[PDB]
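Before any comments, here is the structure.
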6 protein chains.
Amino acid sequence: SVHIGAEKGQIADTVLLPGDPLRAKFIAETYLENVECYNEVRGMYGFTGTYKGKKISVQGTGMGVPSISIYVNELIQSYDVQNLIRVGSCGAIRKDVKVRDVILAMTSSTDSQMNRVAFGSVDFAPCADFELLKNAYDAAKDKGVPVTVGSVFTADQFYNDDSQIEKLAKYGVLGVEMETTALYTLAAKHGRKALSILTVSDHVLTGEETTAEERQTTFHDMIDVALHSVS
Amino acid sequence: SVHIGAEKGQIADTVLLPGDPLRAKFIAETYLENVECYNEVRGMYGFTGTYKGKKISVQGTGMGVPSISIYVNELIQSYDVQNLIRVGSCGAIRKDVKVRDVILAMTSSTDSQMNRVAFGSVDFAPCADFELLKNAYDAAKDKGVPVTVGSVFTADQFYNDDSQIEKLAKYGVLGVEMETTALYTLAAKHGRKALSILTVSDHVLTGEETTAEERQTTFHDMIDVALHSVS
Amino acid sequence: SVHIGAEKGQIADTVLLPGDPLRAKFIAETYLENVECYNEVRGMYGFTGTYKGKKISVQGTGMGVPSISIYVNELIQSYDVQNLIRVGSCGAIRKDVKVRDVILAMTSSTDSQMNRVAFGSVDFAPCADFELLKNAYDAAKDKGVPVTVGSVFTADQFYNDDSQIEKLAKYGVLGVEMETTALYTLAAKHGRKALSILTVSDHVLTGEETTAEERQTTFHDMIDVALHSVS
Amino acid sequence: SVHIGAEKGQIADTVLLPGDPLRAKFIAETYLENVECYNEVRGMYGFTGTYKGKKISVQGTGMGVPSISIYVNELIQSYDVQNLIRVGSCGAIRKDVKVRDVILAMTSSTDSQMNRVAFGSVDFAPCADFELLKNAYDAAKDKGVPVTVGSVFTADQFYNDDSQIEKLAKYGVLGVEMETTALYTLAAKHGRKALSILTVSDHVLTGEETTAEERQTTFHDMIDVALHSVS
Amino acid sequence: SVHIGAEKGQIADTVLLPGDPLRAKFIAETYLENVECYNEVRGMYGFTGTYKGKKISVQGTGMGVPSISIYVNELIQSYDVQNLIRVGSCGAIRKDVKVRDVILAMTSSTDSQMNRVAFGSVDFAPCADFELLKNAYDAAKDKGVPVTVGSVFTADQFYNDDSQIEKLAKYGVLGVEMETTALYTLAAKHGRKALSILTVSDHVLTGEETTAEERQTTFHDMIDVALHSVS
Amino acid sequence: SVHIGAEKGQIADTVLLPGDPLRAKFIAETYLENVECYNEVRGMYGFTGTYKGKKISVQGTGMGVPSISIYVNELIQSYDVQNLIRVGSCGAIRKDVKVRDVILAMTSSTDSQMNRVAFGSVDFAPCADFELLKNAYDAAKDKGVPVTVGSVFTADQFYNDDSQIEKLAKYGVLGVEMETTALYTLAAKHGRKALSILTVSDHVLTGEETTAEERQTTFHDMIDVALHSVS
Ligand SMILES: Nc1nc2c(ncn2COCCO)c(=O)[nH]1
Ligand SMILES: Nc1nc2c(ncn2COCCO)c(=O)[nH]1
Ligand SMILES: Nc1nc2c(ncn2COCCO)c(=O)[nH]1
Ligand SMILES: Nc1nc2c(ncn2COCCO)c(=O)[nH]1
Ligand SMILES: Nc1nc2c(ncn2COCCO)c(=O)[nH]1
Ligand SMILES: Nc1nc2c(ncn2COCCO)c(=O)[nH]1
């Protein structure tokens with residue numbers, strides 16, 4: 001594949017997809033055994049190791065629809081990946097979305113043109129694979145991890161002068177990140193299973209930051225949910 | 001309210017929403033006790049009765065985004081309805097969607113302009129209330145009712161010369177109906193809970209019809225799931 | 001046809017199209033002789049009778065582009081209907097549109113995506129059949145029924161938070177209803193003749209309601225114009 | 001006004017609007033008495049004279065929405081013009097539109113973005129002033145001039161590689177020209193009256209040309225209808 | 001060609017394109033030797049003469065995308081024209097654009113739908129031919145003519161109630177005219193070379209007019225740059 | 001700044017912007033003296049060093065409009081960067097674009113919605129800063145580096161099932177990459193100067209790859225042009 005330097009069999013059936021390739025490294029080293037780095041192209045690291053004797057890969061995606069779309073397309077088309085799970089963060093856009101909440105996205109809205117390019121007059125609603133989502137939901141509930149299931153907004157512009165998050169929040173949308181629409185659309189288009197699990201890095205409308213301790217905790221809950229869900 | 005002749009308190013917290021007002025009548029009379037018709041305006045019947053001692057209303061919506069939007073807006077704004085559950089049918093657009101399957105829609109795509117009118121450049125993905133959906137899912141599973149969770153397409157044109165259902169099917173979409181986008185968007189916009197449960201009336205791409213017996217069976221499973229889910 | 005339970009020959013060449021199927025019943029029983037109900041599917045009644053020895057049908061359409069599109073497509077495709085005449089009401093959006101005025105729509109604007117779905121970058125202007133319109137206009141003038149000829153707006157959302165009726169009014173548009181664009185487009189696409197005759201139920205911008213007596217009078221003028229026009 | 005060198009009072013209440021300023025000159029000199037040229041700016045001639053003792057102006061518009069929009073805006077805003085009548089030609093796009101037919105446009109479709117710029121998600125249907133149209137229609141009928149009333153298509157591209165005229169024809173549209181949408185929209189926006197009367201210069205789909213004699217005849221019928229209509 | 005009455009060979013390889021056909025006449029008579037008028041159709045004059053022994057044509061385009069598109073398409077397709085140079089004016093929309101500045105447009109934004117008609121979801125950025133632009137730039141610099149290189153906005157509406165020039169100015173856009181997008185797109189589509197050289201007729205946001213002397217001077221600089229660039 | 005860990009003064013006035021942060025490292029180490037890495041966040045390295053005694057930074061952008069938009073916004077807003085120069089590659093889409101050619105983009109087309117989000121009905125044409133472009137052009141010419149000046153296409157989807165590059169090529173567009181629209185728009189919006197210099201990595205329509213030696217050579221020419229241009 002053009003952007004991933006792996007050899008056949010080096011990538012697992014199940015790939016976790018953080019945005020930050022240094023977080024991919026952190027996840028692999030902290031959570032998995034017998035880790036190998038199968039990719040260094042562009043410094044977008046990918047790794048494979050085991051969790052409870054089961055192979056799992058962790059691949060950085062970069063930020064934004066166009067970057068994740070590259071990695072997801074290649075993982076699917078060249079490495080026959082079956083389960084793709086984004087583990088990232090988002091900016092919460094409602095007060096009722098708590099800093100400790102782990103978010104499982106059922107769907108995502110977007111201002112990316114990717115789906116209008118394919119469908120024109122149709123609004124395509126991307127959809128999480130329900131089996132992955134329900135497993136993740138059960139795993140959170142079992143351990144008492146606070147979890148909220150709803151939708152997010154996949155944004156093209158981190159700094160958007162024409163942001164509609166205020167209106168999106170009133171329509172129930174939970175938070176804003178930069179990947180989910182692409183992940184969910186591309187996995188579905190190829191008959192694979194996808195889910196995004198997100199932590200809250202801040203409230204964008206109040207500007208209130210989540211603390212370092214808060215972030216470390218929710219991140220560990222996200223990774224546990226991601227792995228527990230698939231064991 | 002302009003289109004519903006009910007008096008305050010006559011409509012329950014929970015409303016079932018068939019498209020066909022003769023099916024609303026059928027549901028109420030067959031499933032509920034102590035039934036009263038609270039609405040005859042336009043012959044779009046609505047009824048209220050009890051199921052296991054709990055009040056439940058059943059309101060016809062008519063067909064298409066514009067018609068359901070009228071009834072959903074009025075139910076919410078004038079009657080403080082909390083849970084809105086569409087019980088309808090759809091045309092299946094994938095072979096893997098079986099005629100006996102009961103569909104719980106996580107989200108819906110659309111060619112209605114309703115959300116571009118509000119959001120312009122944003123593709124708004126509507127979202128089922130997860131609590132209703134999970135309850136409905138558990139109730140199906142408990143009894144062994146075959147159930148599939150995914151997305152549908154809300155169409156403006158039953159006869160569409162420019163239909164994209166072929167492409168929609170390849171993106172994983174399950175079937176086509178005429179209401180869900182509006183229900184899910186309008187409920188979310190007002191902080192209420194919504195879910196669409198759908199049976200399969202045919203396969204639109206093969207033209208193959210589901211039999212009368214098949215339809216009667218799935219319809220009863222849909223109504224059981226709808227009611228069991230909320231008891 | 002899927003939504004109309006009639007047998008061949010049961011529907012006349014000329015069909016009147018009220019939105020409310022209880023008004024279809026009222027029109028048939030009050031104005032026609034030798035009436036039969038040819039349709040009860042979904043309670044969307046249709047009837048056929050005679051006026052001055054000439055067969056005339058009256059078919060409810062429901063509300064909104066998607067609902068009328070179903071009935072108009074079936075009437076045309078399955079019953080070879082030649083003349084389709086909407087008899088309905090609208091909310092006036094200009095002070096110069098008087099509560100007693102009967103409106104003959106030359107064309108309609110819309111926020112429905114139905115025509116962008118077919119044409120994309122083209123704004124399709126629907127067009128009344130001039131022969132029907134001129135006949136209706138002559139019949140009004142002959143009897144002194146106040147009549148105004150201009151355009152309307154076909155709306156998808158009865159409750160629209162992003163309504164542009166203020167701007168539409170400044171561009172000369174007379175009033176807002178939920179059907180005309182679909183009727184005019186679908187009739188033209190199949191070489192049939194269509195016209196919408198509308199009464200005024202209120203002024204939407206002043207909130208001022210037309211009285212019951214006012215409504216009964218204009219409704220009778222509309223039906224006379226509709227029938228006189230075609231005798 | 002920026003593009004018209006006339007002094008107040010030099011332009012009549014009623015202006016005829018050919019596209020070609022040499023045709024404006026021809027119309028004035030051939031049909032009117034006591035003619036003066038009130039405009040030579042850009043060689044887009046305008047003239048004023050009398051017909052049966054009544055003042056009438058004739059102003060070239062140039063070709064395309066942007067050019068006519070300039071002249072129509074200035075005529076209205078700076079010269080208080082009340083009646084604006086386009087007298088031009090179009091390419092017929094249906095076989096049933098005969099080379100001798102004089103076309104009165106009730107409305108026009110377009111691929112110009114002018115109305116999406118103002119309305120976004122709304123398809124604005126422009127509308128002829130019915131009083132002018134009916135007068136023109138009566139004047140044609142009185143003398144036996146063959147006349148057809150329907151819609152046209154206002155095109156931005158005379159040479160359009162993505163032309164949809166084939167589909168437009170199937171929807172009943174009569175022919176294609178380059179002005180009407182702008183005329184009808186701008187007149188309505190300012191409470192003035194507008195009408196387009198068009199001859200047929202060819203059939204665009206068959207490439208068949210109308211002869212010089214044919215064109216001279218229909219042009220004279222158009223001008224008679226235009227003037228008779230307003231006497 | 002439909003709109004140009006010239007015979008083969010009558011039009012030069014290089015055509016200057018003023019909007020105003022009276023300015024085409026002025027340019028030819030003032031700057032060229034051995035001038036002949038090859039076109040009088042619609043009074044949109046075109047002329048051919050020599051400058052320093054080299055053939056050069058000057059053709060009026062009219063105003064707006066649709067009008068220039070006609071002339072540019074015909075010049076290219078029927079007369080094998082290789083270099084097309086717009087010499088016109090624009091309304092400056094930034095204070096830093098000085099009344100004496102001659103503008104060479106690298107590209108243009110637009111509210112014309114011409115390119116969305118061809119490309120839909122793509123924003124097509126038109127592009128000047130760099131060789132013409134650089135030659136024009138060198139010729140200005142050589143003589144000390146003040147020159148600014150950047151983009152313009154091609155507008156459909158001279159009187160635009162929804163004008164975005166304020167925002168366009170903040171994005172660096174220099175001024176507004178009515179032709180460039182069409183010229184640059186159509187020349188590129190056919191492998192020919194195009195450039196727009198523009199003077200400043202006013203500042204649209206301050207309403208400040210450039211004087212007659214100012215306009216005569218910049219116009220002469222524009223024509224010198226246009227001709228010097230191609231000798 | 002959120003994504004860049006530098007301290008004030010650590011980033012130069014002039015920043016080179018490769019997509020690949022490992023190429024940023026390579027450029028800095030190979031071309032500059034007294035290099036320091038000022039950023040390791042997300043492994044998106046940035047470095048500052050000197051070239052001929054003048055400070056120059058080199059910052060990885062990642063791939064796609066959303067990723068570069070983050071880095072460009074932060075460089076401008078938080079580090080007062082004045083000159084931003086993308087040094088990257090593109091897939092050539094015309095045969096006349098030679099593998100050795102260094103491309104200077106005057107403008108870029110896109111299927112990103114970023115500008116429709118800001119402008120709606122306007123097609124915004126981004127524009128290179130001419131001074132940077134001309135300097136780069138002169139520096140190439142001086143040394144005999146083959147150089148082509150024209151436009152590119154900024155794509156959201158590296159794997160695009162609905163790619164229009166065939167049509168884009170016929171309109172003169174040179175090649176496809178994933179950054180330029182964002183760079184040019186965001187720099188202009190903030191009064192800074194931007195340019196994209198691109199090498200050719202392949203011909204996308206012929207699938208023909210450029211060799212390793214070819215790529216190493218053109219890359220060195222690009223970097224020389226980038227640096228020579230600004231000394
Ligand atoms: N677009 C956007 N994404 C955010 C914000 N806060 C956190 N994220 C999610 O990180 C980007 C995912 O790579 C924000 O304000 N805007
Ligand atoms: N649009 C559409 N809806 C369908 C079809 N089959 C079943 N439904 C769902 O019924 C309409 C919901 O009121 C079909 O072919 N098209
Ligand atoms: N959309 C809309 N339609 C109206 C209004 N008032 C009357 N009508 C017309 O009735 C709907 C046609 O079925 C209004 O305020 N909005
Ligand atoms: N766009 C277009 N207009 C035409 C055609 N034939 C005649 N007209 C009308 O003339 C243009 C009005 O100024 C054609 O083929 N296309
Ligand atoms: N659209 C527009 N064009 C202008 C303005 N001022 C000068 N021009 C350029 O003249 C039109 C080109 O034929 C203005 O305010 N608006
Ligand atoms: N979108 C796209 N970009 C390309 C291609 N080839 C090279 N590039 C440019 O690299 C992406 C810039 O980060 C291609 O086929 N498609």
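Each chain gets a letter, A, B and so on, in the order its sequence line appears, and its residues count up from 1. Just so you know, these numbers use all the heavy atoms, side chains as well, and skip hydrogens, waters and symmetry mates. Start at 1 and go down the list; that is how both ligands and their atoms are numbered.
Drug at ligand 5 (options: hydralazine, cycloguanil, levetiracetam, aciclovir, miglitol): aciclovir. Counting heavy-atom pairs under 4.5 Å, the chain with the most contacts to aciclovir (ligand 5) is listed in UniProt as Purine nucleoside phosphorylase DeoD-type. Other chains whose heavy atoms approach aciclovir (ligand 5) within less than 4.0 Å: E.
Contacts of E:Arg86 with aciclovir (ligand 5), taken as heavy-atom pairs under 4.0 Å, involve the side chain alone. Atoms of aciclovir (ligand 5) found under 4.0 Å from any heavy atom of E:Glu177, numbered from 1 in the order shown, are 3 (N), 9 (C). Look at E:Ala155 and you'll find a heavy atom under 4.0 Å from some atom of aciclovir (ligand 5). Near aciclovir (ligand 5) (under 4.0 Å), the structure shows no other ligands or ions. The part of E:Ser201 lying near aciclovir (ligand 5) is the side chain, judged by heavy-atom distances below 4.0 Å. Between aciclovir (ligand 5) and the UniProt purine D-ribonucleoside-binding residues of chain E, heavy-atom distances under 4.0 Å are seen for E:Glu177, E:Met178, E:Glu179, E:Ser201.
At a 3.5 angstrom cut-off on N or O pairs, E:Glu179 counts as close to aciclovir (ligand 5). UniProt lists residues of chain E as binding phosphate; of these, a heavy atom under 4.0 Å from aciclovir (ligand 5) occurs in E:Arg86, E:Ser89. The active-site residue of chain E per UniProt that lies nearest to aciclovir (ligand 5), with minimum heavy-atom distance rounded to 1 Å, is E:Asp202, 4 Å.
If you look at E:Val176 next to aciclovir (ligand 5), the close heavy atoms, those under 4.0 Å, come from the backbone and the side chain alike. Shown in contact with E:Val204 at under 4.0 Å from a heavy atom are these atoms of aciclovir (ligand 5), numbered in order with element: 15 (O). Scanning the protein for heavy atoms near atom 9 (C) of aciclovir (ligand 5), the closest one is E:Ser89 O, 3.3 Å.
Binding site of aciclovir (ligand 5) at 4.0 Å, heavy atoms: E:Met63, E:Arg86, E:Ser89, E:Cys90, E:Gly91, E:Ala155, E:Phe158, E:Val176, E:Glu177, E:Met178, E:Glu179, E:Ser201, E:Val204.
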